[PDB]
Structure formats: structure tokens, C-alpha cells
Undergrad: 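Structure with actinomycin D, see below.
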Amino acid sequence: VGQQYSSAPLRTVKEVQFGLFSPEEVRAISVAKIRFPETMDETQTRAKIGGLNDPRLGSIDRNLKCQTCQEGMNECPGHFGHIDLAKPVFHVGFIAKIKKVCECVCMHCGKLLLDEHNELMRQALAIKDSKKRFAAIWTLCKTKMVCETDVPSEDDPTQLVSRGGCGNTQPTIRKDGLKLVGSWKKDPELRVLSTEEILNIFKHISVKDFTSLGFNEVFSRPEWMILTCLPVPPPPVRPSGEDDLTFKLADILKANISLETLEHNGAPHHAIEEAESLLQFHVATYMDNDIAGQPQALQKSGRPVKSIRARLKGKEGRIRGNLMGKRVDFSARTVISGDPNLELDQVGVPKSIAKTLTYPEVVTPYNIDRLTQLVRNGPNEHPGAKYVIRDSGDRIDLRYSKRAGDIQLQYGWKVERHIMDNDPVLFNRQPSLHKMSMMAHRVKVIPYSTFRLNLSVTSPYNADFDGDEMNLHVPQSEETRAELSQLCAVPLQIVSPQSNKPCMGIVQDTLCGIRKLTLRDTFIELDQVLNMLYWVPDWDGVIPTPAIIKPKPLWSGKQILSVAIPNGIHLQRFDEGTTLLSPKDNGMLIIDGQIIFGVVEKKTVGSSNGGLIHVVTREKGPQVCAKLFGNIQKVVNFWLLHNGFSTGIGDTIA
Amino acid sequence: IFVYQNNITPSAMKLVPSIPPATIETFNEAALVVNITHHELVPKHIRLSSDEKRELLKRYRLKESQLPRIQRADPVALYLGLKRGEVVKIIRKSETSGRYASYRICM
Amino acid sequence: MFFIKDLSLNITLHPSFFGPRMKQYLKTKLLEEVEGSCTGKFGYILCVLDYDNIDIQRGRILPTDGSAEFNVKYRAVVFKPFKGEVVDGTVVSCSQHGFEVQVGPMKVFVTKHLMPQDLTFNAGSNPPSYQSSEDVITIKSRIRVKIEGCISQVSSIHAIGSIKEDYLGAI
Amino acid sequence: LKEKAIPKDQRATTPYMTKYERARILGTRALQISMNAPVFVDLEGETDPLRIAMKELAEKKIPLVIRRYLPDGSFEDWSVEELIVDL
Amino acid sequence: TXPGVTXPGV
Amino acid sequence: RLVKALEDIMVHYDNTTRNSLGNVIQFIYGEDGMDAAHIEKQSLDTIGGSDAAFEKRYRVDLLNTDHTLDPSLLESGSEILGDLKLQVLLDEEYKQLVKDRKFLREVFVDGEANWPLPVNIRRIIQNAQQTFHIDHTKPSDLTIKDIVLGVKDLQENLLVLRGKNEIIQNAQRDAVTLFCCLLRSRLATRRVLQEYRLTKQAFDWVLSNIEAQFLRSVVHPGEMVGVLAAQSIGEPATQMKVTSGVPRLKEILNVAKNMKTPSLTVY
Amino acid sequence: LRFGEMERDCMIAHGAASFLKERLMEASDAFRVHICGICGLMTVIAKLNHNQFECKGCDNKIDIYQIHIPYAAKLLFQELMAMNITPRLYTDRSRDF
Amino acid sequence: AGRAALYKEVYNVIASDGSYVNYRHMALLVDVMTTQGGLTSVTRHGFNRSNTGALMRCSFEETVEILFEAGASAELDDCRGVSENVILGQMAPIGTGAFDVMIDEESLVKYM
Amino acid sequence: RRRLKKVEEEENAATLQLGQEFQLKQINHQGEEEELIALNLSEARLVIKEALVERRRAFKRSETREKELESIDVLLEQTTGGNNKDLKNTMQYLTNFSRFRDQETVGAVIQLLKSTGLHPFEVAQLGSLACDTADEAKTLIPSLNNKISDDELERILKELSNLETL
DNA sequence: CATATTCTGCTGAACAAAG
RNA sequence: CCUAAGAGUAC
DNA sequence: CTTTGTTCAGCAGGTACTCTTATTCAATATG
Ligand SMILES: [Mg+2]
Ligand SMILES: [Zn+2]
Ligand SMILES: [Zn+2]
Ligand SMILES: [Zn+2]
């Protein structure tokens, strides 16, 4: 049924503005405060209120709606919760950035170290892009380890001007795992920089200071890089055996409760520090479990926990495994086979595949009759229809609906029907290294279990018939169908932009047959000439006057093959040593669509620039070039069938 | 243009930028032995005036950054004394068409 | 108060509606949708000016849909009340909490807390009214009210008024 | 949008309809014909919406305009009537 | 290098 | 990697080749604005040959006997001799041909004659000859002024950029200069009157087809040339003293500082 | 069947944008989700039957839009939100080209 | 001259085995690689490092790091690229999508 | 710009905090900027009547208070359809509190208030409120304090009361 | 007697040292 | 149902 | 106001497709 109608206006995303959650924004958008690590209550049959599967965050069962939006699992996007962290922790993906920011801002007064009074700060701040600005500011302000409450005057280095500096000594800051340690110059004193004091020094950074560091006033302030509220994703993000994220959130809540109890009841600073470190580790491994050096946070089963960063990165991650490339419907895949009796732009589709893949045809006064006939036929015979989509969104399955009687189609409905002849379908062989390896063919339904495609079109696909499989995608709308037929059609892809020369040509048996046919020895009697002439679909119906009239009417192979070549084609290629007369019958001269002389072989009908294929497709159009492919293949294959060709061991003996 | 033999002391490099509009350009004699612009790989570079740059950005509907970039350390850029923001027209003997005119903005 | 403002509305037309009367369909569907409507952004929308030629522009086909999305621009008359603004009105009803006064297309409710102590409710007289020592305010009586608060409601707005200030009340 | 729209008298794009433009015109017109859009050409028995759109384009009876977008956001409105379909 | 076969360096 | 690098390159409606940011990669696609599939290998007759052969092929003098033309070539073969204005036309046409010869010799250092160009003039000439039944004996109806003015107008009608300012006009001339060189090489007065023997209707038909084919060969805005180039480079790599093949391509795309066989050439 | 990355690249090379969109949205996963123009986040409580849209925090009810994105895209944005990143989706241009 | 040498190297690689690729493809490649004033490598550290949109950049390599940097820097993505529209499931401004098809009321009335 | 959720001041006519979309200058549909003009009761009523009669003429081709009410009701029924309860209430409110009759008097009033060189909202309120004295108008409209001289405001209100009819 | 927890590839960036 | 491993097919 | 001379720094590995098989922390401890 899809998604029901929504009165909200429909727009398209024009701009995506990235940023960070402010803690107040998380608390504002969250619909619940998650406190109990248990996912289910003591009854083990319902979602515990305040737990990680709080119904306010979305319904975990199909039978129940979401408690917040009162929608089903189909509609409900899922609504975030919030965990109020006992103590602020470092975001694992920003620690380095944090290490830079605290290295660019005085750790006592919370102001940027080198103001514009410094000579190089005019050059640094003049940079436009935020990343380059921050890189310059970091690489110049890291070496300064004093707040410099009094700096020499910009006009002259004679008098001293006092800015808003406190004159303290900035520490050298390193990272030891998930924490930062600062060493102050000995008048070194090493101590761990608490996340609370770093957050405090971040909140005191002036707007002008952190907007010169690349941060934004509205979308990403530096103090928001410190996690004080964890946005709990809805159960749609971590569907259920609970997901890895659910167990990680349970561990995070357990650590939070342990830290809260230790703080409230009073404990040695050793235990408080241990609980804080455990909470930091749990949060960091929840967001990223591939931290260098630190051991992986193992799951209950002893395997590494799949973190969010793990879910995003990689070939099978969200971006590359579900967005750039995703599994699609209305696609078939099967072994391919050659068919010399198919047109270049045609593909043979097994009857079962045609009965499975379906196209929605919008019911129109121009096609009510045949769509009604297909609906009557049903899905169990070909041609037929598999579904009827009503204008209200309800879908009638042609199976099980025969009991109610015949269906009366109305204009605007859709008949989801079996793909029939002349339906444009994208056809692919993978890896599909280039655009010619993915082309629009016309369906020809055939009673066998393999895709069937012309021999000439196998070259762009790099496809053999030794077990190769190929894919078939069916467009589901008239726009996609039309642009597929007018842009990706096989005849339009004859000439490749890859090398400005045709990519499809006469190959394999047809090429050998066309070489043998055009030899000067090859003479064809009346009956075989008639058969070969009839095999050319666009033959004008006139028998050419035989090359030899007496004492026996004989047609040469060139004369019969010239029937396939369209009228008005002139080609003149001169091989090595050929003259206007051809003692060796090499070269090629075709005048007005008749082969004057020359043996037809790879250099003429093959996929080479200046050949017959290129000339025909540049003179008569791609459609006539495909017709030439078909005619040449048909006539040459008939002649080779009735002439025979072989090879054996004796052919390798000198 | 200052042309030196081996090197410049860094204590003199800092004072090389003088009071505007005076600009000091330093060149090494060893690096100036061969005129790179006579190489067949180096195409023809022509500095554009302010009016020509304005016309170029107007006709092609471009912004400053959307032009192809040429570093203000490229040997040709040093050769012609390009300053930041100035656009060079590049005349190239192309092979699909006889003449191709590109434009590169100094950065 | 009454203003004229430049508004725009997006209209989605089905493919079946691209007859020669497409302009008529767009003009009719702009009406019955914005005429006399209410929103918090511009208050009430009463009527459309310059109906002879409304700017409809070209109209963009939504891809994969075929429906055309027009951005029709027009001139509209609006009535947005404002805080601390004096306006005339007509009394329509009285109650224990206060009285409702008809100002244009809206009803402004003045509470009993926003009248001088001399004015008191009186349900003995039919219909019930508000009587004071020197004057009485009854149904269908002209009265000037100063609006000091605006409350957004569904398809309507209920402002908050007063007559406590000097030269406010029945004329 | 008044600033964006390049005036008709000084459009500087190709007067010839591109293959992508022709493909999208045929697709949109066939999609509309499938949804019972009015036909401005006489029909000689054809029933495929795509070839109905092709017949409409051949004799220039498609009431659409291409809004060709320049890289700066400015656009030109070329009516399908005045576009030359050479391909 | 690369990666693979960062940089060098980084 | 190549496809991801070049995925956002596109030919826009001002023929510039820009990425997603709008940065100009090429001010015209392929430096000529031509679709790749509409390009064929053709020979430039001006660049090759000898100076004496070049004069015999192109130079036509209406006032002398060393480079005169047979009066039976054209209808007005006896009236053109002694003319001053037509001799001026021949002088400027041959001067332009000499300039094209020098320019093409400058462009291609090795003097290669066969290069990929959009429109195949030879096939158009042959089509006209076969369609109009050139008997090669009757004097041509064409006048020399007709030939020169038709060639000039045909060059004026080969438009790639439609702008109406000096920058766009200069870019248009630079884009069509090589095809104009080929066109002048083929449609010369001597060659048209003698080697091909076009008639007035045949010459006009040739001009019309050349203009139509050139306007058809222009690249279509919206072409995703970046992915096309990435695929057209990657696909031949699959079919594959100094390193070559896949390792050398790897080295080139990575721009590796250290390379296996760093070699240099001295002339 | 997997309509992988480089099949998408081939379809891009062909120039068929609408077929690529139909492959990636209608064939595989089309998800309608509601956002607001104040904050681009998808935190819009949308009671469709009651016809009520409300983004808590922004405290708006008359500035809601609907968009059609793949469910994979929605899941990506929700994981980014769970990872302290705001993928604010805005339906109008705030900057010129 | 660096771009010219890069094109010559690419052409030598392509034509080493006798295959031929049109000039314009390699010209586009070497123009993209040299459009920033220096040789841009076809790698994450190369093209993938450019203010061309967070969603496009992340789809190639180092996805999560790119998202983190974009969130920290509050980058604005204008969705002018193919990858952005592919991720958001909308018609990319390419090929048939490089323009807007609209309706002329006056012409439609002019037909009848 | 986006500003996420930006704070804003509460509207107040005393401070003249109309709104970001009710500023003095507004961009018209033609692309240029025009001063935000505000219609008094009679001027807005005349504008509405002109719009409705123009719509009636377009559809056709394609004074005492009671007769005025009858005419406006007939015209409203003839021109537009239903769901005009708000429009009907506004029309009857305007006809009841009609400070002016026809075009001449409203034009004279608007040109006089234009010659005053005052805020459009304030002049529209002055044309709407039928005040008597100067201090009374000042205490009715706090935005008029310390803007114009007492004598000038009193005299212009005197001429406005003179232009009062019926 | 049943649930809970204990191969294959480098250049820099950084640190100590000093006249 | 998930995860992992292995074997294999076409390039 | 410039000089070398050691020590630590960060991963990725092509596109599809088919099948099978094992596995979901052991057990001591307390209710
Ligand atoms: Mg095989
Ligand atoms: Zn919900
Ligand atoms: Zn300080
Ligand atoms: Zn919001």
C-alpha cells in the first residue's frame, strides 16, 4: 500500500548543513530519558518504560504502534531519546580535533593565543576556507606555550600593549588512549586534563576566536564536541537477540549508573576515575570500535562489537553498500546464449523471467482493451498481468481474485503486467567496466531458460557463452523507459566515444563465412541465391542479374552480399599492394551499395574505424546499421550453414 | 628583480618584502640559465589586465575561485611576475582544434 | 489592521488537467484555498487583489510524477492584529469571564480582569450585559478596544484586549 | 528570479535540441499521455504513448519549454517549438 | 605507501 | 578510483566543462566542443606534400601560364582569364591556404596528416558526386567567386559557441580553426573545379551537408564526460627497459614521488 | 540483484538520470520522511491521520516539508545523529551558485 | 608543461599495447589532475581531499572521518554533485537532469 | 539565514516591532523595493470593493448603510462562492465602521497624511481611529509620542474630523 | 535444580644537540 | 534470523 | 640564529553471483 497521503508540502533537499548537536538541542528533540539498561521489563513481554526500547522511541513489535507518533513500523521514522551523562566524555571522532583546539586556546583564560598583533596572524586569518585557517592556526599556535598577556605594539616594537591575556603557561598536551595528559614546564608537572575543565575552557572561547578556528556560531561550537547528552537512536536504527548497539547502550547506561552511584555515595578518587574511564571507553567504542592501540570492546559472544563507524565504513557499509550501490527489484540474472536469428538490439528473455518481471502500465483509453485481456489472462500464463494497482493505493493480486469475478479497469489505474515484446530493458554483464557494457535491448520472449543476445553485441559486453551470467533491469515508468530507449539503446551505442570507432562488428562464425562467401571462387546457383535473397528482411524483391549469365546463371558471393549492404554506401579501402584491379582480391571497393571488389573480412565488417559499420552508421543512422548487422549475419550464416566449415588435426600438420 | 649567485641569507629573506607598491623578486642565476618559456611543453602565457579579467569573469559567469589555479611558485608564474588574483591566458597548440585558449588564476 | 502584501503559493496540477483552461483551474484553486484563510505568519487572508492577471509564471514538471508545480504570485489583503493597538469593534456576547467583541473577521475576548471596577457583569437584564455607574455595554454596541496580546489558534486567532486605558470603551 | 532569467533576445545557448533534452521531452510527454493528458496532434491509430510523443515532437505540438541552467544559476527558456531537432 | 603500496607520508 | 575522481565532470550549456563546484576544467569540451562518437580519422592535405606539389594542387593564376587552369574546367573558362578581382580572390585564398599549411606544420611537429576530425568531407564529396551524376567532361557551372564566397560563408556558419561578445567569438574561432583548415584544404578552387568537378547545385549541397554534420557533431550539454573519460581510460587497462601497463598507470594516478624507472630524454 | 557502484557509474555515463533515480528509489527503497525548515533534522512528529506535524525544540507546526529519500539514507542520517552529527536537510538555497 | 607531460605519459601507457583512446578523454583526465595548480593524485589524499561536498567525498574513502570533519566544520553541501543526489535519492543534475522542463500556458492555449 | 531557532522580540505597536516580514520596505513581485503601505478602514474597504467589482466584471465578460449592505451582500453572493464567513464579517465590519464614503475623501486623507511625512502604520491608524483631540490621539497611539508637534497633530485631526461625513 | 558472571611498500614530524 | 569460515562460477 | 641526526607515524587491499557448515562465553555459585 506504500505510504499514505501527507498534507506536508513536497520539496527536494537542496542543501545539507552539517554540524554538531548542542546538549540543549538533544534534550529538546528527545522524547524520553533512558535510565534503565534493561530492554524489557520484569514480565519479559513488554518494553520497559524508560528503558532502551522505550515505546516513545518507536514500537519494537508490528502489532503495536509507536507511542509517540501513533503510526505503524512502516511510517514511524523513529524518535531519538537522550541519556544524560553523569560526567562529560570525549567524542572519539573529535579527540584529535579537541587536542588541536585546546592546543590553540589558552587552557586558563580560554582565549586564542596569537591574536592579530602577531606578524603571521594577518596571513593566517586572511585564509578563506575554514580547514586551511585551522591548519595554519594550529601549526603556528602549537609552539607558543604562554598566554602573552603583554605583547609588543604592532606599530613599533618599542612599547608594550596589554591584551586580555592572563600570562599563564600553556601545557604540552598528548593523548594516552582516550584521555589527554598535560605537562607544564618546570619552574615538568604531568596531570590528566579532566574533560570537565576542557569543556569549561571550551565554553569560554569567544565567538570571534572559534569562528576563526573554523567552527560556526549556530551549527558547530567547539564545546559541543564534548558529549554531555547521548542521543539514543530509535529501535529502527538497532532492530532486534538484541543488536550490538543495544548492548553497547546497555553497557553505557551501566557505566553511567555506576559512576553516578560512586559520586553520590562518595568514593576514593581512584574508583571515581576508574568509573569515568570505563564510561569514556564504553562511549568511544560505541561510536568507534577500531581505535588504534586500545583493545576492541568485545561482545558477549567474544567477537568485536559492531560500532556505528563500522556500520558506515567499508564496502558493505551504509554509504557504499546501501546508497551508492543497492540491491534493486525488477531485475533478473541468468546464463546467456547466442542467437544468430535475433536482431542486434533484441535480447531473448526466458518465458518464466518474463512472467516474473513486471511493468506498471497506466490504464488509458488507448490500451484498455489489451490491458483488460492481460488481466483476464492472469499471471500463470504468458502474456498476462500480475497485479492491478488501484488509484486509492490498494493492490489487487490476480491470484486469489478470480473467485470474486472479472475486474473492471478504470482510467488512471495501473496494470502491473508481464514484460512483452518490444519492451525496452536495460541489459548488463558485470563487472560492466564501461557504458557499452550496459545497454537497452528489446525483449523477445523465448521458451528456454537462458538469455539470448546477438553475437555481434557480445563484444561490448565482453561476454562469451561458457557459463557467463547477465542481468536484466526493467524500467517501471514511461520516463525511464523513454530515456532508456532514446539514450541507452543498442543501435545508439554502435560507435563508442572510447575510441571514436564502432565497438560492435561481425565476429566468430559470421566473419569466417563472410570471408569464404566473397571469394572470387564462390558462385551460387539459382536456388541458393533465392534462399539467400529471401533471408534478407529488407530485400527489395528484385533478383540481381547474375554475374554469369551463360552457359549457367551464377551469382557470385559479392553480388548476393551486396543486397544486405544498404543502397548509397561508398567505401574504398586500399590494402597493401592492391591496385584498382585486384590481382589478390584484397582491399575493398563498394560503390552505391554494391561490392565492386575486395574480400570482405575483419577490416571491412569488423569493429574498426573507416569500415562498413562506421560508414553505414555515420551515413544512414544507427537503426540502418543495426539492420545491416542483422542482414549480414542472416545471409552469411545461411551460406555457411549450407556450405560448412570445420577444423581438425590435419589442419595443424605441415 | 634581485639576481643572486648561490643563495640568500634568511635574515635577508624576511626583509625582502618592502613597502608597497615596491615588490622584490629574487631569482637564482642557475635557475635562470635556461629560459623555460622556449620549451615546446610550455605554452604561451599572457598576463591579463584588470579590465580583461573583469571581462573574462563576466562573459563566462565565473567567480574568482572557479578558474583553474596556477601557484604563485610555478616557474612560469615567477618568470612573468604574477601576483595573486591576476589571470594568465594560456595559448596552446591543441590537436583536436588548432588553437585552445585556457585561463589560470594566480593563488 | 488591514494591509496588502505579496504572497506566493505552490500548486501541484495533475497531468490530466493541462487543457486550454489551465489558467482558469489555477486561478480557481488559488481561491477556495487562501481566500479568507487564517495563519500565524500573516494573520487572516481575506481576498486577492489584481485578479485580472495573476502572475503564475511557467510551472515546473515534477520528475517521475508528471504533475506541474506552479509558484503563483499574487497580492493579498491581510488583517493581522498587533499588540498595543487600538481598534473599533462590536460586542457580540458577554459572560462571567468577560465579553467578546467582533473586530473584522475575529472575536477578541476581554476578560473581567481587564475592566475598571465600576463595570460589573449583570445577568438580570436579558441578554446579560456589563453595566457601570455611568454607561452600560450590551450586545451590538460599538466599543473601542486596545489589543495587547495575540494567541494563535486553529483556523482562527483569539486576541486579548482591554478598555482600562484612557478614552477606551463605548463611544 | 528576474535577475536569473536571461532575456530571450540574447540567449547564447545552442538552438539545437540535445539528445538528453529530446529524451526528457519524450519521457515527460509519454508519461503525461499515459495519464490522459490532452493530445494536440491527430492520431492515426497509434496507441503507444512514446510514439504519440514522438509524433507530437515531429510536428512541434509539445507545449513545453526547457529551462537550461547555466553553471552560475542563470537559466534560459527555450520553447520546444523553437528548438531544432536535427538528431 | 598509498594506502596501499599513508603517502608517503601520512 | 578514476570514476570516483571524474564522476562530477559535466559539459554545461556554455560548453565549459565543469565539476560539481562549478570549477572550470576545460573552457570547451575536448578543446573543440565535439562529441567523441562523431569523430573520424581524416587526412590534412595542406600539411603534407612538397611546395611545388602544393602549388600544383592549390595555386591558380588567372593571369599567367605556369599555374593557369584549363578553360574547359568551368563554364566561364575564357572570361575569367584577364580578370583582376577574381585573381585577388585566388591570391587571398592561396595566402590563407599557405597560412594553414604553416599553422598545421607548427601544430604537428612530425607532419602527421591523418588526425581525428568531426566531419568526413571526403564522404560528403563522394555522396554529392554520385547523387548529382558528375560526368567529369562537361565544364562546371560553378564560378570561382561562388566557390570562394561559399567557403567563407560555410566557415562563418560553423558555430560551436553562440555568444555575442569578443571573448566568445575568439573562443569559437579557436575551436573551429582546425576543421576550417581541413575544409579549406578540401574545398579549394582548383580541387573543386578539377579534382572533384562540383556543379553549382552539387557545391551548395556539399556546403549544406558540411554545415549540418558539423552542427550535429557538437557535443551535447549535459554530457557526463568525466565518467566517460574515466571508463574509456580504465577499460583498456583491463585488456593489458621502462615500466608500462597497469603498474605505470598506478604510478601515474598515484603521482608517486619514487618511480621504478625514472628516465630522461636529451635531444 | 545488486545494482552496484559501477553500474550506477555506467548509468551516469549514459546520461539517464531518471532511470538511475528510479533504480535507486522506486525499485529498491522509497521512504517518505518529514523535516522542518528551522532545523533540517528529521525530528518531526507527524500524526498523518490527525494531520498534525510538530518538531519539538523548534516549537513549530506550520513549517514542515516532506521528502522522498532511500531508507538507507534515512538510516545513515539517523546513525549520524546518534553519532553527534546533525545532517540538517534544507529545501531552499541559502547561498548563490 | 606538467599537464602536457602527464597527457603524454597517459597516452604512452594507453598506446604501449597498441590500443587507442580518443584525445579528449585523457585530456579531461589530465586537466582534472592539474586544475588546482599542482598534480592532484587520483586517491583519497588526492581528489577526495577537496571542498567539493562532504557527501560526495565520503562515498569514496575514509567515510566516517569525512563526516566527522564536516560536522566539526559545519560544512554546507549544495547537492550539486552526482553522489549527493544519489545518496538523497533524487534526480541528479546530469544528462536528462541538467535542465528543467516546464509548461508554457500561452503556447498550449495557442495550439487550441 | 538559517539561524536554527532564533529568539525574537514580542510584537508591540508602542515600540513599532511589527516583524521581520512587516518591515518598512518590502520586495514586490517585480523585484524592486516599495514602502510598506497600510490601509485605513475606508481605504481598505474601497480597495476590497474595487477588487470584487473587477472580479465580477471579469466573470461577466468570461449612500445609506442599509442599501450598501444589500448591494455588498448581493455582489459577494454573485462573485465568489462559499466559505466566506470571514470575508463577510470583514465586509460588514468595514461598512459599519466606514469613516469615509468614496474615492475623493480617502484620496484627500491619504495625500494629507503623506504630506505629514509620518510612518505608514501610524497614518493608517490615524485614518482608522476617529479621535477628537491631540493628547487623546497621543495616549491612544503611543508611537506618536515625540514625533510631531502638538499643534500640528491637533490641527490635522481637526481637518480629519471636518472630513467626517454622516 | 536454574540464571549470572569472569606480504608490501618512506617521507616527513618530532626530539635531542649547539655553537 | 545474524555472524564467521570455506568451496566455487564469470571476468 | 641557523645546523644536522636519530626515533616514531599511519592501512589497504576489484565487481557480481552460487553453494555448504558451524556457532551463538562454561561453570562455579546462590536463591
Ligand atoms: Mg566466459
Ligand atoms: Zn514513532
Ligand atoms: Zn590565557
Ligand atoms: Zn526542527
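Within every chain, numbering begins at 1; the chains are lettered A, B, ... in the order of the sequence lines, protein sequences first and strands thereafter. Excerpt of entry shown; contacts counted in excerpt. Non-standard residues appear as parent or X here, and we don't count contacts from their extra atoms.
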Undergrad: Provide the full list of ligands or chains belonging to actinomycin D.
TA: chain E
Undergrad: Under the nomenclature of the PDB entry, which macromolecule has the greatest contact count with actinomycin D (chain E)?
TA: NTS(non-template strand)
Undergrad: Other chains with a heavy atom closer than 4.5 Å to actinomycin D (chain E): which ones?
TA: F, H, J, L
Undergrad: Which name does this PDB record use for chain H?
TA: DNA-directed RNA polymerase II subunit RPB1
